[PDB]
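The structure under discussion appears below in the form of structure tokens.
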There are 2 protein chains.
Amino acid sequence: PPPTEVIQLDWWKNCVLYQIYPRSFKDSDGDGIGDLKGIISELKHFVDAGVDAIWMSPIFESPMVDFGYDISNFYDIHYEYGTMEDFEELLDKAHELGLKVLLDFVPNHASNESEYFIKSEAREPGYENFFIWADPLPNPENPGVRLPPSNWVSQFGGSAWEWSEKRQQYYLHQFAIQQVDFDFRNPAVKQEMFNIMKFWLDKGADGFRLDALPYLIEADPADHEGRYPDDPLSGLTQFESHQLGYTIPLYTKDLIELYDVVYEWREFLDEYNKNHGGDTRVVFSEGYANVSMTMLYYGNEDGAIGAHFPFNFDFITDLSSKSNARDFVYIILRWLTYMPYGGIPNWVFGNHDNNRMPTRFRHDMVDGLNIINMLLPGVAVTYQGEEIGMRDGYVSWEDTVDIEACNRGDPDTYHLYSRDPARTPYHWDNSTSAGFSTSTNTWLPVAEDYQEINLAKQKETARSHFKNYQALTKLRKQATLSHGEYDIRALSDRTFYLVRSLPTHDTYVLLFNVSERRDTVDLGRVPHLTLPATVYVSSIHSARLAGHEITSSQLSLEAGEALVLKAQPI
Amino acid sequence: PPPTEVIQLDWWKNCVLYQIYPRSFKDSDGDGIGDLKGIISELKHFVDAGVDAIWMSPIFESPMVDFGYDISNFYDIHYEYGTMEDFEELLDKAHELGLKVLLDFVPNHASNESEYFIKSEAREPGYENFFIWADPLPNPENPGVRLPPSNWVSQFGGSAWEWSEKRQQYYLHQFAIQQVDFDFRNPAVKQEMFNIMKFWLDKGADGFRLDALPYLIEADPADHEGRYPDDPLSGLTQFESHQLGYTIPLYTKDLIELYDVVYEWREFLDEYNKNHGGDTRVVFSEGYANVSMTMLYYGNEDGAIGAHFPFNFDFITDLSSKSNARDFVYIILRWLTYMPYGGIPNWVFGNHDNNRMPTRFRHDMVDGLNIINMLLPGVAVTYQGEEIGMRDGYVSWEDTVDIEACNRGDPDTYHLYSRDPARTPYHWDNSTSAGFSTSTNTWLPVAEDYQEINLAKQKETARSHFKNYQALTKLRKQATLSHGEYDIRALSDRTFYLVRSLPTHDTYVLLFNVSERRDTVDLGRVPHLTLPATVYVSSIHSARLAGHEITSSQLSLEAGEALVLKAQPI
Ligand SMILES: OC[C@H]1NC[C@H](O)[C@@H](O)[C@@H]1O
Ligand SMILES: OC[C@H]1NC[C@H](O)[C@@H](O)[C@@H]1O
Ligand SMILES: [Ca+2]
Ligand SMILES: [Ca+2]
Ligand SMILES: [Mg+2]
Ligand SMILES: [Mg+2]
Ligand SMILES: [Mg+2]
């Protein structure tokens, strides 16, 4: 029977989404700082890699206390990365290449150097109630010692309440002191969020990645007899009252009210898309929360529709080099079991806040992990460097610039908190600073292994992480990956299969030995696999090359070894 | 295409195992206490139900502090239940009816009224080191102030160490003061466990349920500078030092050494089966532990073999009336993902230690839960009463006899700890004491609902929980259920499917609405299901009767409604 026809999916339902960290991607001007002209000079890389969409970490005006997540002007570009003119040139050239471009929208908080905050702190009409402002807690026992409104702890260490001398009140900061929480019960705040998104959509952005959504809304003091209620204590003896972990964020995180805001954003975006046409503009949400609270981002049982998807962080939070094949299968099944009917699944192996994929797992697992990302149904998310297997760089206490490490850590402990090792400059080639910059003075130090692990080397050599990444993004054009069913089970503690299958179309099978030992499996146990079958992709140190025939039902895999087999249609 | 033959499995790989609680099954002599003559009189009940195997809770000589789990003589019957001759008659008539009979083996501990203990406490030669005896912890702060060897906490509340005035040492009890922990590093103790099992196998027992295995072995003082190490503190503020929950059982539970004793028991049982022939004799292990520690009961990576299976308690520990269809699917997949290849799966919905199935879930979910139990691959475990949907009985403080409630509870709290509600006499009929006894004076009070919920009523009326149970045990004879593949997914937050399929044999599909609301599903989404299909079983509250034709691909299910559909072969 000739192959069945498939209906084309909207671009966002099966895109490869690549996360750029602009400060570390490409420095065009020799200051050791990545910039918009550098991204423009390398837009061709995304076409070459088979990436469909890029999301940039924040590039808006920022005092850089949290490297861009502390925004002083939501309507202009950070001078170190470029100008508004450079941003419009990036959108033009990305669009001319067929790429979608998403921006990082940071709705929870503004810089204390924003006009919003300067005006609010001065009680300017229209801005007085823009942020969460609170009087000290009544201290009847002992006045003249001022108490914060509650025991709430900041994500970056210390009290989430900061005293303003000028306003004689505390403001809330869930992040750095310099990151002030907006009041999302203020209709003027909600309108300003629509105004910001409309500004950037009108410039031509294809959508947003929405930062820190679990922290949008905190308890209304009207519900607690006019005080901010204390979060419960954890009881964990390793954390004192200034340390993140001391409290359970019952009154400060995952409040049901935050989802109404996200559903209002989607209604806004739907109307925008209806009134503008062209490619669907989308929102992807960031939030670390339990399965129930994460799936509420998609929408709810009463028919509300939220983000196009919430990010799936499961390969960051629940899988590591300690995981066996049964763990891999059980965690993969969690998103696919709990995601609502019609939801688009997505897979995230890394980001700028977490250790790099090959450091969390092992160096010999890079290809297997990139195959899982590309072969599971839905959307693959790649963090800058995963396409070449980059590793965490070494960063000394002296070179550490992450506010989280500087606030929570010291020269002995910093490494426990710092996100800097996942933010080291991208390895283009084996030239000075790995081709990231013409300067030796980079904003973070270049990882020592850049001579071994760089993009130019992997394009030159016959087998490489990059060549495997290219073969996998190319495979996603096949109807079996865009529309095919999936079947996933462990064959042993060491090896699992993933089968994509679609009647009249080729079958594709991942076999992956995630263990540190060899494993022999019976391919007779793999559904929809008729032999012989052809190796489409192999791990860079597999005995099997692309084009190799698998004829025997008994298969011995090395530690880390992964294969994609192409087999006849069912 | 005529139906393929399947090779018949050994009896234990797909049996329906029924747990009898002898004290509450059937009183033959009017003392309000269930007995062995009682059981003999109703062995026909297991043939009628489609039960293959019965396991009895303990029937050995016991002061009854823990209603049989405190054993004073491992080689004879508790007088209230009957005589050795009654036991021999039970095995004889049970075997005549084709039934297998398992005994509850309690290797962790003996009654302090056991000869073992009386001899041990007196330091008689060969018994001195039969139990864990320890000196008080040296007190350098105030010498000769008596301290327990460690902070360890009993499962029934209070210290796990009891002072012997006679011996001037502490003994270990993980359970009641009256349950004394054997020393499993003493080869004489290990020999005595073989001696007990051989005795009962020689009488013709078909094997054992093994009690309390996670607690077998505790830290050797020789590895902790010649003291028993304190268990870590939990930090949970609701637990004082005398309360279960105060400690994390790092040195008192799940020690790797316990598994070596289990593998030794399986090696002895394999040698017994080999030398005696006839039906395979088996061991099913009891232990509440995490998934890694649970799966080690089957065997280990070195090829050691343990229990035929450890009990799967997931429908007790991890599902309830709070669970939705996605929770049901994700918990069912846990055993099937983690169980070693070649392992036999099992499903437990209740026991004498936990609230009854219809109380933990809902009254309208009974049929759907019994369907899951019978239609999942492997072994179905039924607890006394689940075949008629018995609910927890009310038991006042005054009528409470469970040591766990009496030790950990009081008149206001006892309901939090007591197991008695799940142990109320079995509802045979609507006669005095629901036909459990001719006396109104029963050892626990007969539940108030026995007029509504009894076996006789369910055998007479056209649709019942018991008739459904009978229809499901009969279905287990079909090749599709013994040898079929499985496929399980959620269609919604309310409804899931379970498909058993096998080429050339009939297809069986469970559809179950686990919610309190009506749900409409598309049957086109269900793999291997071609319409029309026939209702084989329906919940007693379903508008569909057995024999009903499902023709439409749109299906509305009322709250708690479950159907088993019979559909043409694949
Ligand atoms: O904006 C606060 C916080 N949100 C999440 C971002 O990914 C992280 O880098 C940032 O520090
Ligand atoms: O023997 C101790 C303990 N083990 C588990 C048994 O099921 C329970 O009833 C008993 O109290
Ligand atoms: Ca907030
Ligand atoms: Ca013990
Ligand atoms: Mg630059
Ligand atoms: Mg299938
Ligand atoms: Mg009696």
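Chain identifiers are assigned alphabetically (A, B, ...) following the order of the sequence lines, protein sequences preceding nucleic acid strands; residue numbering begins at 1 within each chain. In each ligand, atom 1 is the first atom listed, and ligand 1 is the first ligand listed. Header entry for method reads X-ray crystallography, 1.9 Å.
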- Task: Supply the name from the PDB entry of whichever chain has more contacts with ligand 1 than any other.
- Result: Sucrose hydrolase
- Item | ligand 1 drug | 1-deoxynojirimycin
- Tell me the other chains with a heavy atom below 4.0 Å from any atom of 1-deoxynojirimycin (ligand 1). A
- Item | Contact with 1-deoxynojirimycin (ligand 1) for A:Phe67, non-hydrogen, under 4.0 angstrom | no
- Task: Look at atom 11 (O) of 1-deoxynojirimycin (ligand 1) and say which protein heavy atom is nearest, naming residue and atom and giving the distance to 0.1 Å.
- Result: A:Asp66 OD2, 2.7 Å
- Minimum-distance protein heavy atom relative to atom 4 (N) of 1-deoxynojirimycin (ligand 1): A:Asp211 OD1, 2.6 Å
- Sub-4.0 Å atoms of 1-deoxynojirimycin (ligand 1) with respect to non-hydrogen atoms of A:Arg419: 8 (C), 9 (O), 10 (C), 11 (O)
- Message: Suppose we measure from atom 7 (O) of 1-deoxynojirimycin (ligand 1) to each protein heavy atom; which comes out shortest, and what is that distance?
- Response: A:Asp353 OD2, 2.6 Å
- Which atoms of 1-deoxynojirimycin (ligand 1) sit under 4.0 Å from any heavy atom of A:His109? 1 (O), 2 (C)
- Message: Need the 1-deoxynojirimycin (ligand 1) atom indices (1-based, order shown) with element for anything under 4.0 Å from a heavy-atom of A:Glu286.
- Response: 5 (C), 7 (O)
- If you measure from each non-hydrogen atom of A:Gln19 to 1-deoxynojirimycin (ligand 1), which part falls under 4.0 Å: side chain, backbone, both or neither? neither
- Item | A:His352: numbered 1-deoxynojirimycin (ligand 1) atoms lying under 4.0 Å from its heavy atoms | 6 (C), 7 (O), 8 (C), 9 (O)
- Task: Give the numbers and elements of all 1-deoxynojirimycin (ligand 1) atoms closer than 4.0 Å to a heavy atom of A:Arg423.
- Result: 9 (O)
- For 1-deoxynojirimycin (ligand 1), does A:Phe156 get within less than 4.0 Å through its side chain, its backbone, both, or neither, judged by non-hydrogen atoms? side chain
- Measure A:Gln174 to 1-deoxynojirimycin (ligand 1) on non-hydrogen atoms and call it side chain, backbone, both or neither using the 4.0 Å cut-off. neither
- Message: Could you pull out the residues near 1-deoxynojirimycin (ligand 1) at 4.0 Å? Heavy atoms only, by chain and number.
- Response: A:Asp66, A:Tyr69, A:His109, A:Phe156, A:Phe175, A:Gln179, A:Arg209, A:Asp211, A:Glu286, A:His352, A:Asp353, A:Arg419, A:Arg423
What does the N/O contact table under 3.5 Å look like for 1-deoxynojirimycin (ligand 1)?
from                          : atom 1 : to       : atom 2 : distance (Å)
1-deoxynojirimycin (ligand 1) : 1 (O)  : A:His109 : NE2    : 2.9
1-deoxynojirimycin (ligand 1) : 1 (O)  : A:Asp211 : OD2    : 2.7
1-deoxynojirimycin (ligand 1) : 4 (N)  : A:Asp211 : OD1    : 2.6
1-deoxynojirimycin (ligand 1) : 4 (N)  : A:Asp211 : OD2    : 3.3
1-deoxynojirimycin (ligand 1) : 7 (O)  : A:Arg209 : NH2    : 2.9
1-deoxynojirimycin (ligand 1) : 7 (O)  : A:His352 : NE2    : 3.0
1-deoxynojirimycin (ligand 1) : 7 (O)  : A:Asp353 : OD2    : 2.6
1-deoxynojirimycin (ligand 1) : 9 (O)  : A:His352 : NE2    : 3.0
1-deoxynojirimycin (ligand 1) : 9 (O)  : A:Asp353 : OD1    : 2.6
1-deoxynojirimycin (ligand 1) : 9 (O)  : A:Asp353 : OD2    : 3.4
1-deoxynojirimycin (ligand 1) : 9 (O)  : A:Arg419 : NH1    : 3.1
1-deoxynojirimycin (ligand 1) : 11 (O) : A:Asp66  : OD1    : 3.4
1-deoxynojirimycin (ligand 1) : 11 (O) : A:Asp66  : OD2    : 2.7
1-deoxynojirimycin (ligand 1) : 11 (O) : A:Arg419 : NH1    : 2.9

